[PDB]
Amino acid sequence: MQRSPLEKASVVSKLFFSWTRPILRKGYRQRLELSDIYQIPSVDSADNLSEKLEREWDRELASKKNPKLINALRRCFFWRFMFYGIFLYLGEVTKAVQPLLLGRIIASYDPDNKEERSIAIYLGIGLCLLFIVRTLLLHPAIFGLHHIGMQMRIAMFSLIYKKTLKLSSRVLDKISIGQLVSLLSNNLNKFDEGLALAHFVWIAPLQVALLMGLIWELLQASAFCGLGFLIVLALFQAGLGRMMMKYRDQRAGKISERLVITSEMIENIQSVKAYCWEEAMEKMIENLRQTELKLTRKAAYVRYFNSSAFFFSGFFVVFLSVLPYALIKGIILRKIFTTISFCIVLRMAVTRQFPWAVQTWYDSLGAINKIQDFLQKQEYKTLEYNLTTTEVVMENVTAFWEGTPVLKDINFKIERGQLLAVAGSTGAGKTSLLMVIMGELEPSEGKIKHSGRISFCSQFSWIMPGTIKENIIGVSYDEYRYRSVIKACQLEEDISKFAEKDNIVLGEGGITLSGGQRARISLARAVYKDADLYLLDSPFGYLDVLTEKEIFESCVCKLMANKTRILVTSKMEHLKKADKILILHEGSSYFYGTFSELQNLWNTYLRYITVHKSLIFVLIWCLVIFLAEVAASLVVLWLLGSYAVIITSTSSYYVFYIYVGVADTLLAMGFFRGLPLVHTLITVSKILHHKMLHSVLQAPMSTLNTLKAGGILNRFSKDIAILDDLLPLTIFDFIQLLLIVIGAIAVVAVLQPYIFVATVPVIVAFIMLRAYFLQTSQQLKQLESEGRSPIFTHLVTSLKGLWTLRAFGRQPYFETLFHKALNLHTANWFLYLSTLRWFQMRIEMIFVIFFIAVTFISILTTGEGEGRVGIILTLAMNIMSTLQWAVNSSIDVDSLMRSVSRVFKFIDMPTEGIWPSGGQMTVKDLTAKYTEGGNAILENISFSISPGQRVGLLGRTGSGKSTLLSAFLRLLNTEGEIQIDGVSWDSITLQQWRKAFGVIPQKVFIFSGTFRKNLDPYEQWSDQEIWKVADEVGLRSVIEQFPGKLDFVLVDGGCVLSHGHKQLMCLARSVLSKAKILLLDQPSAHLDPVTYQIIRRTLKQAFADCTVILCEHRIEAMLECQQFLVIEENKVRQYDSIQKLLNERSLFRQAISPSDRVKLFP
Ligand SMILES: Cc1nn(C)cc1S(=O)(=O)NC(=O)c1ccc(-n2ccc(OCC(C)(C)C(F)(F)F)n2)nc1N1C[C@@H](C)CC1(C)C
Ligand SMILES: CC(C)(CO)c1cc2cc(NC(=O)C3(c4ccc5c(c4)OC(F)(F)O5)CC3)c(F)cc2n1C[C@@H](O)CO
Ligand SMILES: Nc1ncnc2c1ncn2[C@@H]1O[C@H](COP(=O)(O)OP(=O)(O)OP(=O)(O)O)[C@@H](O)[C@H]1O
Ligand SMILES: Nc1ncnc2c1ncn2[C@@H]1O[C@H](COP(=O)(O)OP(=O)(O)OP(=O)(O)O)[C@@H](O)[C@H]1O
Ligand SMILES: CC(C)(C)c1cc(C(C)(C)C)c(NC(=O)c2c[nH]c3ccccc3c2=O)cc1O
Ligand SMILES: CC(C)CCC[C@@H](C)[C@H]1CC[C@H]2[C@@H]3CC=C4C[C@@H](O)CC[C@]4(C)[C@H]3CC[C@]12C
Ligand SMILES: CCCCCCCCCCCC
Ligand SMILES: [Mg+2]
Ligand SMILES: [Mg+2]
């Protein structure tokens, strides 16, 4: 990693941006290697910028009664902002006085203008120095303003993230992931470049005042007829600005709603494929896209009229200011041309630079105001204590999640070292009681007293990205303690089977790990941490009886025999070792005491154009009208080769100069060509998104596991927004400029076939430099686009584990990890702007040297009369002033076309592509593996199932019970044959095979939507049928407690529901879509014994005969099975009776609960 070459560059080197030479010469030959990227300058590191802004923002909250974020920003950047403003202003004044020097030089070709001929050589020298000063004064000032805008964005992004970790739990309900992503993505590039346009709010009015005086000198009182037209045009554009912003505000809410739904369905794409819900998911996104595209089109029509206003004023402001003057007294051709030159600069300031500057202030101040509101939300109240009486106590505590209280009159007292066991039915408030103790649920009544040290283990196991060892140890590594908790948590057997022991890298969310393996990593993390109080929220959910027995008798009873701890349990064996017993029932304390007293009872462009058939026809239509206007202009112009206009023989060359000055209005695209072009370019974006979303759902699971959450969110938010807003109008601007250059050249090249010869050397010089620069610019843009992903990936994972983050105190670690993501994007983005500034500065210096040669050639060639060389050469250089604008606009088109190629890569991803009368199956030599180069988890598996019977799957956690179920649906690489009632595996299409199954996934899927929409996304059942099923699974009381019965919206993945309520929701789905063969993957994970009767009755009534393959861990669930399959060391054994199964195993028979042993062994 080399140091930045900017920090030791000489004064002249910084001026010409010469320090970018090493990378431009290397990127032209080879691909940019990882060592070519330089380190960022020390001034713009995220650590130093965040501290500077934080110091000023805290001064506002204490000094001023009315804090404003814009005052803190003003106190850090105002003087540098104004320093570059004055140099930018002097570069624009130089542009307005150019016609004073160039206008008199053009007059020296006329032999009548004897006064201009005597001093022509001095005007040429001054003109050359004027060009050089303007070049050296604009570009360094524009780069400095880009630098300031980058620093402001980095400082403010870090403040948002630091505030996020401190948000209260009540205000988290009102904030989704889609709001934060839209807040950051919209400003990721627009904010930096906005500061270069901000100064024209006061530069444009000063340019108008200067230019109006010079035009007054020529046309005494007729000049104001041109000002009255431009004032009316300025009011018109101001009105279109407010009309466009109204449509943009109505569109923001729908984009955030689409982003959250898109993120949810891709995170659990395996559950979507098992249910065969791809078509239903596409329909929901299609309806959201359609509503927001109508607002996008309406904003596009308004923005077209705002953009073409420049081209449609070039003739009507010149004509209106000259016509009253010519009618009273004849005007010569010399004055007509000079007025045209001054009006070009005037139209640019009024119709282009000023409305763009006003719009930037609306966007910038709007975002800073939006950020300030977020920075003032309610914060989490960390009620830490340094010390206590070493005992925990609650007194008459009542809490509300908002007409029923969650808890009421809950009181206990646990001394140091005692064990408290919390028990109760589903939804009784066991998890809420632990939230109250930690302080994430503030009680309305009562009080809490205990020490500030605490450790937590939730039902939902959160796995941070990184190594397994890094998950457990935290910050401080201890060799002795680490090896003890691993052995006590029974993780040694699983770790030894991994490719590289405990050094394997876990993805975000821990997808590659088993259901029960994640629970042990979460538990090992809690016991490794030293604390005074330990909270365990049902950690024995996805564990078999043998592993559960070993952990309970060696981890929580041996290692922590002297530490007070609270555990949630439903087993009656865990209640005997507890000193205190607490029973909960619907928020009220059912019992409190002890157990003893209880026992008393390029190809990219071509593909983009041809994706929509209607885009070709509009482009041909624009070409035919263009040829008709050029032909019309040629006939008129050829016809011209006291009066209102005075023209002489030696002054007739002004006709061509006037034509070139008004060609931008004769060739302007009217609304018959502008609106269809803009309308059709948005339909292309609609088609591309439909394909992109479609190909992601059909991709094979092996491909989808490589992608990251931030990688998908980068393409669906930033790349789609580019194709909707920026590209349609950038293309229109580029096409408009290209037509003007061709039309002006073609007309004058046939009437004077020497302008074309003299304009060749300038054209090829621009094209050769463009090809050289695009070799390296395209690679830096690609690296910058992919550098946004780590920013989005870290933002997603920090919200999913916010509660665990604050409990373990790892906030500083996550802030430092966020700054590395900011610095990685800064390196690529800063290097991209530097080379872009080099190109635009060289494209202007190349224009200058040619003009310097032309000016001196014309003056020396002009002899005693006329002088034709100068007339031709100076005309050609006037055309190249517009070609310079067209070349720079082509770079913007190419930069935005990088998003089109990134979308095309997601589209080209490979695809994975009464029969069951009885439902009997046959498996022959099935071999299953996740990666083709990985180990075979199962191998040579073979068994048969008779129709109507139930099969029980058994085995230790991590043995491969879920792998066998995934192999039936072909969710991984398989090498065998499965036969269902006669048909063959291979012959069937992959879509009819999956429809024969009913599935209950181990990980439940609830998306943001209505209760009825979650139970039935295809809308194929009436509400009478839905309620009938809802009674059989006991969900009626759950739905009625909400304001909308079957209408309530389940936001944030159904966070309103408890853990046991989600299991019943998945059982309802399987009953509704009644199929023959069922694959139930542990449907009673955390259900208490009383609630399990609901699963038991459903299994015998709803699934009358069927072919049920259970995958349960509880012994009670195996009394309803006729056949058994045991998975051990990658092999499947088969048994006919449960009593035979336990006879062979000696250790597993002892772990059986005595309550279950009597019925298992009568
Ligand atoms: C080497 C090198 N390679 N790369 C990638 C960067 C570098 S460089 O930064 O060292 N220099 C150059 O980049 C460089 C510097 C100046 C110029 N100039 C062109 C006209 C001109 O007159 C200046 C003028 C008299 C108008 C005045 F002074 F008045 F303005 N100067 N051209 C330069 N280029 C080198 C080639 C890459 C292509 C080319 C010809 C455009
Ligand atoms: C002196 C006085 C006339 C009033 O005492 C004044 C100065 C001033 C400066 C800024 N902003 C800036 O100096 C910066 C800036 C921020 C945001 C940007 C950006 C530049 O340019 C953008 F448009 F891109 O957005 C560099 C930080 C402002 F906002 C309002 C200001 N006012 C009016 C006053 O009422 C403000 O309280
Ligand atoms: N964020 C929330 N907003 C509103 N109600 C909630 C919220 N979280 C939980 N509830 C409700 O509070 C009650 C108790 O919550 P819950 O976590 O606490 O039960 P539990 O004892 O953990 O049961 P389980 O065995 O399913 O884990 C339920 O009726 C549940 O729907
Ligand atoms: N996507 C994956 N890629 C690679 N290995 C995986 C993947 N998913 C699981 N494994 C590994 O395969 C083995 C078996 O996985 P697992 O689902 O299949 O078993 P299980 O019997 O369902 O466990 P549990 O009772 O915890 O649910 C484990 O070692 C696990 O880490
Ligand atoms: C009738 C005919 C010849 C097809 C026609 C008509 C117009 C109107 C009537 C809208 C002026 C226009 N005008 C336009 O397209 C205009 C486009 N952009 C503008 C921007 C600012 C101010 C005016 C216009 C404008 O008139 C063009 C035409 O070709
Ligand atoms: C940037 C701004 C403040 C610069 C100064 C703006 C004003 C004061 C300048 C700009 C152009 C100037 C005019 C240019 C030409 C003439 C013609 C001359 O026969 C009388 C003075 C007169 C009419 C000038 C008056 C002052 C003037 C209107
Ligand atoms: C350099 C430009 C400073 C003034 C720009 C506008 C100031 C913000 C006004 C806020 C609303 C009254
Ligand atoms: Mg719970
Ligand atoms: Mg499993």
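Going by the PDB entry, the residues shown for chain A are 1-402, 437-507, 509-636, 846-885, 902-1173, 1203-1451, listed in order. First listed ligand is number 1; within each ligand, the first listed atom is number 1. Excluded from the calculations below are hydrogen atoms, water molecules and symmetry mates; all remaining heavy atoms, backbone and side chain alike, are included.
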Requested in this report: Answer with one of pralsetinib, quizartinib, tezacaftor for the drug at ligand 2.
Outcome: tezacaftor
Query raised in the report: Which drug is recorded at ligand 1?
Result: elexacaftor
Query raised in the report: Name of the drug or drug candidate at ligand 5?
Result: ivacaftor
Requested in this report: Give, per UniProt, the macromolecule that holds tezacaftor with the most contacts.
Outcome: Cystic fibrosis transmembrane conductance regulator
Query - Binding-site residues of tezacaftor, heavy-atom cut-off 4.0 Å - result: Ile70, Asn71, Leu73, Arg74, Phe77, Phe78, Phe81, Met152, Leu195, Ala198, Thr360, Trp361, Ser364
Report task. Extract the source organism field for chain A from the entry. Result -> Homo sapiens
Query raised in the report: In chain A, which transmembrane segments listed by UniProt, counted from the N terminus, have at least one heavy atom closer than 4.0 Å to tezacaftor?
Result: 1, 3
**Report entry** Other ligands/ions under 4.0 Å from tezacaftor, by number and name
**Finding:** ligand 7 (dodecane)
